[PDB]
Structure formats: C-alpha cells, structure tokens
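Among the contents of this structure: benzbromarone.
By convention in this document, chain letters (A, B, ...) are assigned in the order of the sequence lines, proteins followed by strands, and residues within each chain are numbered from 1. Just so you know, ligand 1 is whichever comes first in the structure, and atom 1 is the first atom listed for that ligand. Determination method: X-ray crystallography, 2.0 Å.
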There are 2 protein chains.
Amino acid sequence: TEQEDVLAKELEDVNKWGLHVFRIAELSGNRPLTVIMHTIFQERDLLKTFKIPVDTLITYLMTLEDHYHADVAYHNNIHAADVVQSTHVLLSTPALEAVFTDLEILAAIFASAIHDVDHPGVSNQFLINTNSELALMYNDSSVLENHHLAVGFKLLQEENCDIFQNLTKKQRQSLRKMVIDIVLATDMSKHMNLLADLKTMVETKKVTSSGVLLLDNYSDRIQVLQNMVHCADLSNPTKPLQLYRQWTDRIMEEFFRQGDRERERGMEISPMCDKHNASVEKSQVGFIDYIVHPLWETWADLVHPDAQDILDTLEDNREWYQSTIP
Amino acid sequence: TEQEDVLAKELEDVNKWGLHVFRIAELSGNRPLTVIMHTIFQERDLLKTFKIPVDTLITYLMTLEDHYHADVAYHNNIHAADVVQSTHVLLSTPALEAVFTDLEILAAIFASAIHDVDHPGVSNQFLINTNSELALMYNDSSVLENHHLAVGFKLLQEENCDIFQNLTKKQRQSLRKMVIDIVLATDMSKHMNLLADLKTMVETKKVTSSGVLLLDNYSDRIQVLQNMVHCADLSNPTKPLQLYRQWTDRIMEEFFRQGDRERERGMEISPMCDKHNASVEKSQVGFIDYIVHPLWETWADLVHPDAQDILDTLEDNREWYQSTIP
Ligand SMILES: CCc1oc2ccccc2c1C(=O)c1cc(Br)c(O)c(Br)c1
Ligand SMILES: CCc1oc2ccccc2c1C(=O)c1cc(Br)c(O)c(Br)c1
Ligand SMILES: [Mg+2]
Ligand SMILES: [Mg+2]
Ligand SMILES: [Zn+2]
Ligand SMILES: [Zn+2]
C-alpha cells in the first residue's frame with residue numbers, strides 16, 4: 001500500500017504548475033481526474049462549503065472519468081485532470097485573491113473537469129463534414145462543446161452522483177449558466193473574440209485597494225473565467241518540456257488518426273493531420289506564435305507579474321522547438 | 001371529392017396576405033403544410049430550378065407534417081403553413097424584387113416549414129425550469145429552435161425524403177447554414193437584437209431610384225431574411241380579423257394549458273398563461289404595441305412603403321381588440 005503513499009506525495013504538488021500528471025495517472029490506477037478533483041475540493045474546502053457528500057463526489061468523479069475515452073491519445077481523462085489542475089493554480093494567483101465567490105470557483109473547476117467529456121478524438125469540422133449525428137443534433141454550432149456540457153450535466157442524474165444536491169435552487173441555476181458559458185468558450189472558433197475581449201480588459205484594467213482585480217459585473221467576471229479555463233486548455237506549451245513533449249506526441253497521434261480517416265473517406269486532409277506531409281516542430285512553433293503566446297502574454301498582463309514564470313517557460317519551450325528545426 | 005375543387009380555388013390566392021389557411025387545412029384532410037409548400041414551390045418554379053423529384057417533395061412534407069403534434073393548439077402544422085405562405089408573400093415584396101437568389105429563396109421557405117416541428121406546446125423557459133431532456137441536450141440555449149432544426153434535417157434521411165438530393169454539395173452546405181441561421185432567429189430571445197439590427201439598417205438604407213434595396217454582404221442579407229421569417233412568424237395580428245381571432249383562441253389555449261402544468265407542478269405562472277387572471281384582449285394589444293407593431297413598422301420603413309397595407313391592417317386589429325376592452 002506504499003503506492004498510495006507515493007501518489008499522496010505527488011498530490012502535494014497540486015498547487016504547483018508542472019504537476020507530474022502522467023505519473024499521478026499511473027499511481028492512481030488511471031484515475032487522475034478523480035484523485036486530482038478530490039484533492040482540489042479538499043484543498044479549497046469545497047466538500048464542506050457546499051455540503052458535498054464524499055461518497056457522492058467520488059461516485060460522480062469516477063463516472064465522469066469513465067466517460068472520457070481511454071483510447072483517444074489527447075482528449076482523455078488525463079487532459080481533463082490537467083486542465084482542472086491548471087485552472088486550480090490559475091484561480092490561486094495573487095491578483096485574483098478573494099475575487100471570485102465559492103460558487104464561481106466551483107463552476108470553473110467543474111467546467112474544467114467536464115469540458116472535453118466523451119470527446120471522440122476528431123474535430124468539430126470533421127464531425128460537420130462527415131454529417132455526424134452530433135453535428136446534426138447541434139446544427140454545426142460548437143458541436144463537441146455542447147455535447148461535453150450535456151454529458152457532464154446528465155451524469156449528475158446517475159444514482160448518488162448529484163454532487164450539487166445541497167446547493168440552493170438559485171445556486172444551481174447560477175452555476176449551470178456559468179459552466180455553460182465557460183465550456184462553450186473552449187471552442188477555438190471563439191478564440192479570436194475571446195482574446196480581443198481579454199486585451200480590452202487589460203487595456204482598461206481596474207484594481208481594488210487590496211491590489212486584486214476589480215470585476216463588478218457578470219460580463220467581466222465570466223470573461224475572466226472563460227479565458228482562465230481557455231488558458232488552462234492551451235497550457236501544454238507553458239509546462240516543463242518533458243510534459244509538453246508528451247502532450248505534443250499525443251495530439252499528433254490524434255491528428256494523424258483523423259487525417260487517416262479523412263483519407264479513407266476521400267476528404268481533404270485537415271491541416272497538420274497528414275502524417276505523410278506534416279512538420280510537428282513547425283506546427284508547435286506556429287501554434288505558440290499565433291495562438292498560445294498571444295493568449296498567455298495577454299493573461300500575464302492581466303495578472304502581472306504573477307504569471308511571469310509560466311510565460312518564461314513558454315518562451316523557453318518555443319526557443320527549444322525552434323532549435324529542433326535547423 | 002368536391003373538396004379538391006374547393007381546395008383548388010383557395011390556393012389561387014397563395015400570393016396574397018390573408019390566405020384562408022384554416023379552410024385549406026380542413027379542405028385538405030389536415031395537410032395544409034404539404035399543399036401550401038407544394039403550391040409555392042410550383043409558383044416560384046423551385047422543383048425545376050433545383051431538380052426536386054415531386055414525389056420526394058410529397059414524401060418528406062408528409063413526414064415533416066406528421067412530426068407536428070396534433071394535440072397542440074397553435075404550434076402545429078397549420079401554423080407551419082401560415083408562416084410559409086407569409087414568408088412567400090414577403091419575398092415577393094417589390095422593394096425586394098429578385099434581391100435574394102434562388103437558394104436564398106429556398107432557404108427562407110424551407111426554414112419556415114420546419115421552424116416549429118415537434119413543438120411540445122411549452123416554451124423554452126418552461127423546458128429550462130423543468131430540467132427537461134431538451135434543455136439538458138441544448139444547454140438552455142434556443143432549446144426548441146435547435147430541436148426544430150435537428151428534427152427537420154433528420155427527416156431528410158428517411159426513405160425518399162432527401163429533397164436536396166440533386167443540389168451540389170456547396171449548395172447543400174450553403175442551404176444548411178442559412179436554414180440554421182433563420183430558424184435560430186425565430187427564438188424570441190433574439191427579437192430585440194434582430195429589431196436593433198433592423199433599426200440600424202433602416203438608418204443606413206441604400207436603395208435604387210426605383211427604390212429597391214441593395215444588400216451586398218451576407219450579414220446584411222441574412223439579417224433581412226431572419227427578420228423576414230420572424231415577421232411571418234409574428235404575422236397573426238396583421239392578417240384579416242377572422243384569421244387573427246382564430247390564431248388567438250389557439251395560442252391562448254396553449255398558454256393556459258402550460259399555465260395549468262406550471263400550477264400542478266407548483267411553479268411560477270408564465271405571463272398570460274394563468275386562465276384565472278388572464279386578459280386575452282389586453283395581452284393582444286400589448287403584444288402588438290410592444291412587439292408586433294415596432295417590428296412591422298421598422299420593417300415597413302426598410303421597405304417604404306410596400307408594407308403600408310400590412311401596417312394598416314395591424315393597426316386596425318389593434319384598434320378592434322382595444323375596443324373589446326371595456
Ligand atoms: C486550430 C489551430 C491549432 O493548431 C494546433 C496545432 C497543434 C496543437 C494544437 C493546435 C490548435 C488549436 O488551437 C487546438 C485547440 C484545442 Br482546445 C484543441 O482541442 C485542438 Br485538437 C487544437
Ligand atoms: C413574449 C411576448 C408574447 O406575448 C404574446 C401574447 C400573445 C401571442 C404571442 C405573444 C408573444 C410572443 O412574442 C410569442 C412569439 C412566438 Br414566435 C411564440 O411562439 C409565442 Br407562443 C409567443
Ligand atoms: Mg474541447
Ligand atoms: Mg418557434
Ligand atoms: Zn480541452
Ligand atoms: Zn412559429
């Protein structure tokens with residue numbers, strides 16, 4: 001039973017950027033989402049604040065984890081655990097201390113946990129172009145993200161899975177709306193608009209006397225939580241390289257498998273999905289330069305200087321992937 | 001068998017506001033959606049422009065009509081026909097003569113036919129507040145309208161129902177996007193924004209010297225079609241009084257039935273849904289004053305003055321309903 005002692009020792013880094021999430025996945029018996037969510041809920045005293053029975057929390061978490069696909073290389077329960085833990089660290093940043101309520105914290109962590117549930121390993125555009133049942137259900141609009149939300153909420157109805165059973169009716173209504181707004185913002189088709197609003201908030205930033213962010217309306221509060229979970233979703237290149245490279249190996253396997261399906265169907269191969277003509281290194285550099293660095297540099301400005309070490313690791317990782325090209 | 005010749009002479013005025021849809025409904029064996037769509041398809045020469053096997057048109061329209069509930073007093077197949085024919089007439093507006101292409105004409109017409117399919121007779125807010133499966137599926141966002149679209153498209157996958165089988169893949173993709181954008185605009189939560197975009201467009205109206213409208217970008221074009229089918233959706237108070245009064249008796253039955261369900265479940269009663277405290281007549285005047293007339297007067301200005309007759313009839317029916325108030 002000393003393996004549980006090793007897992008508990010690793011869980012002490014749950015407040016740290018760069019958690020060994022793949023080792024925790026191994027040490028916990030492929031339950032990184034459950035043990036990391038449980039650990040975070042204890043750390044933030046969320047089981048007592050919202051009167052969540054321990055058995056119900058574990059039962060939902062194991063059920064939610066179950067509905068991530070173990071046979072998809074990237075969008076699986078490890079990624080969900082990683083986004084959960086990354087959002088947890090971002091919530092603890094000094095520029096946001098006491099800024100969000102316990103319900104908003106609960107919503108952002110819950111949203112992170114469910115944000116990719118039941119992901120089949122193919123993109124929205126693939127599901128649209130192949131006339132999938134999901135794209136038909138959701139009228140080609142945020143197809144996956146609507147599905148993730150629907151599954152995440154529906155699993156609360158399985159027996160002893162309603163972790164929100166002791167929230168008031170107004171608490172559940174408020175949380176549900178916030179979770180929906182947050183997970184829908186993980187659709188990359190919303191990235192440019194989400195970042196434009198984040199830049200506007202940085203340019204017009206307001207700070208209280210305590211030194212923390214001033215967010216006095218739902219629109220600004222939910223936009224920060226949306227971008228926070230979005231940043232955590234796109235946090236792989238900001239992590240220590242040995243973690244970043246495994247995430248890159250995993251997403252490229254998922255892309256190549258999609259491209260092979262686009263080839264078996266006589267379709268145009270999606271960018272970076274043709275394993276016969278893809279540059280993994282050049283795609284990561286372009287992903288950082290055009291998407292990840294603009295986002296994280298903007299977030300770093302919002303919480304300046306709390307995120308400087310994360311931004312430094314991103315720029316180091318970009319310099320490294322660049323060096324592998326020549 | 002004398003009804004078919006009776007059914008024939010009513011359809012002759014399919015190009016006129018005030019079609020005897022209820023007579024057409026009864027004269028057709030409760031199949032007004034089928035016979036009104038077909039008559040309009042022949043009038044606008046749509047079966048030849050898009051190569052649609054007329055037998056496939058009938059098989060889908062009957063399948064589509066069957067998925068409208070027979071036990072709902074308003075949101076059924078008769079409403080679906082009336083919106084179709086009203087949209088058809090708004091398309092023949094002189095200031096909009098050939099402004100929209102053939103595919104954009106087919107888009108607004110097909111969208112009208114499916115825009116309320118499988119409606120359960122209760123509102124989005126009822127479905128949301130009762131934790132319905134529909135609201136769970138669609139994350140409380142345009143619940144009914146997303147469903148209408150999903151059903152209307154799903155039925156095309158039935159035997160000999162793909163009425164768009166001979167459209168090019170680009171035509172089908174363009175038709176799908178416009179149908180979605182149009183039916184989603186029938187959600188009343190989008191009314192004010194839709195009206196506002198109609199307000200700003202009026203202030204920036206650019207026309208010929210024969211007066212007709214000039215729409216260049218897709219955004220301006222789709223907004224006109226959205227506000228058009230929305231205008232047809234809310235065209236009851238602009239019809240002849242005998243038609244308007246029948247639609248009012250039906251929608252108030254549907255409202256009262258929802259309010260009774262809101263009571264036997266113990267929830268707050270939606271406005272105008274409490275039969276023990278409803279003023280049907282006052283509700284109609286207020287519905288015209290705050291929703292129907294501001295929409296149709298903004299529409300009239302954009303089409304100055306081809307909608308003066310519709311605007312006059314609406315003001316007449318508003319005056320009559322007001323007179324019914326003691
Ligand atoms: C669309 C542009 C883009 O190009 C890449 C190349 C490598 C890795 C990620 C990306 C990427 C993303 O923004 C992205 C974001 C999310 Br969220 C995903 O779930 C996936 Br999949 C991809
Ligand atoms: C929300 C205010 C309102 O009050 C009314 C009173 C009588 C009739 C219609 C309405 C009405 C609508 O806007 C409306 C619009 C559509 Br579309 C419907 O499918 C239904 Br149902 C109602
Ligand atoms: Mg996702
Ligand atoms: Mg409707
Ligand atoms: Zn993700
Ligand atoms: Zn309608």
(message) I'm trying to find benzbromarone in this model - which ligands or chains should I look at?
(response) ligands 1 and 2
(message) Help me out: which chain holds the greatest share of contacts with benzbromarone (ligand 2), per UniProt?
(response) 3',5'-cyclic-AMP phosphodiesterase 4D
(message) Mind listing the other chains that have a heavy atom within less than 4.0 Å of benzbromarone (ligand 2)?
(response) B
(request) Measure B:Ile291 to benzbromarone (ligand 2) on non-hydrogen atoms and call it side chain, backbone, both or neither using the 4.0 Å cut-off. (result) side chain
(message) For B:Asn236, which part has a heavy atom under 4.0 Å from benzbromarone (ligand 2): side chain, backbone, both, or neither?
(response) neither
(request) Go through benzbromarone (ligand 2) atom by atom and flag the ones less than 4.0 Å from a non-hydrogen atom of B:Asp233. (result) 17 (Br)
(request) May I ask you to check if benzbromarone (ligand 2) and B:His75 share an N or O to N or O distance below 3.5 Å? (result) yes
(message) Quick sanity check - which UniProt AMP-binding residues of chain B lie within 4.0 Å of benzbromarone (ligand 2) on heavy atoms?
(response) B:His75, B:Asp233, B:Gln284, B:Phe287
(request) For B:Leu234, counting its heavy atoms only, list the atoms of benzbromarone (ligand 2) lying under 4.0 Å from any of them. (result) 15 (C), 17 (Br)
(message) Just want to see if benzbromarone (ligand 2) lands near the annotated pocket: which residues UniProt lists as binding Mg(2+) in chain B have a heavy atom under 4.0 Å from it?
(response) none
(message) Is B:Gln284 close enough to touch benzbromarone (ligand 2)? Criterion: a residue heavy atom under 4.0 Å from a ligand atom.
(response) yes
(message) Test of understanding: given a 4.0 Å heavy-atom threshold, classify the contact between B:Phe255 and benzbromarone (ligand 2) as side chain, backbone, both, or neither.
(response) side chain
(request) Report yes or no: does B:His191 have a heavy atom closer than 4.0 Å to benzbromarone (ligand 2)? (result) no
(message) Got a sec? Which UniProt active-site residue of chain B is nearest to benzbromarone (ligand 2), and what's the heavy-atom distance to 1 Å?
(response) B:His75, 3 Å
(message) Hmm, which UniProt domain of chain B ends up with most residues touching benzbromarone (ligand 2), do you think?
(response) PDEase
(request) Determine whether the side chain, the backbone, both or neither of B:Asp116 has a heavy atom under 4.0 Å from any heavy atom of benzbromarone (ligand 2). (result) neither
(message) I want to confirm something. Looking only at heavy atoms, which of B:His119, B:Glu145, B:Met188 is nearest to atom 16 (C) of benzbromarone (ligand 2)?
(response) B:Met188
(message) Out of all atoms in benzbromarone (ligand 2), which are within 4.0 Å of some heavy atom of B:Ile251? Include the element for each.
(response) 21 (Br)
(message) Students should be able to answer this: which protein heavy-atom is nearest to atom 11 (C) of benzbromarone (ligand 2), and at what distance?
(response) B:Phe287 CE1, 3.2 Å
(message) I'd like to check which benzbromarone (ligand 2) atoms, numbered from 1 as shown, lie under 4.0 Å from a non-hydrogen atom of B:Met272.
(response) 4 (O), 5 (C), 6 (C)
(message) Mind pulling out the residues near benzbromarone (ligand 2)? I'm using a 4.0 Å cut-off on non-hydrogen atoms.
(response) B:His75, B:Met188, B:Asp233, B:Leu234, B:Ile251, B:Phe255, B:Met272, B:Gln284, B:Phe287, B:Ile291
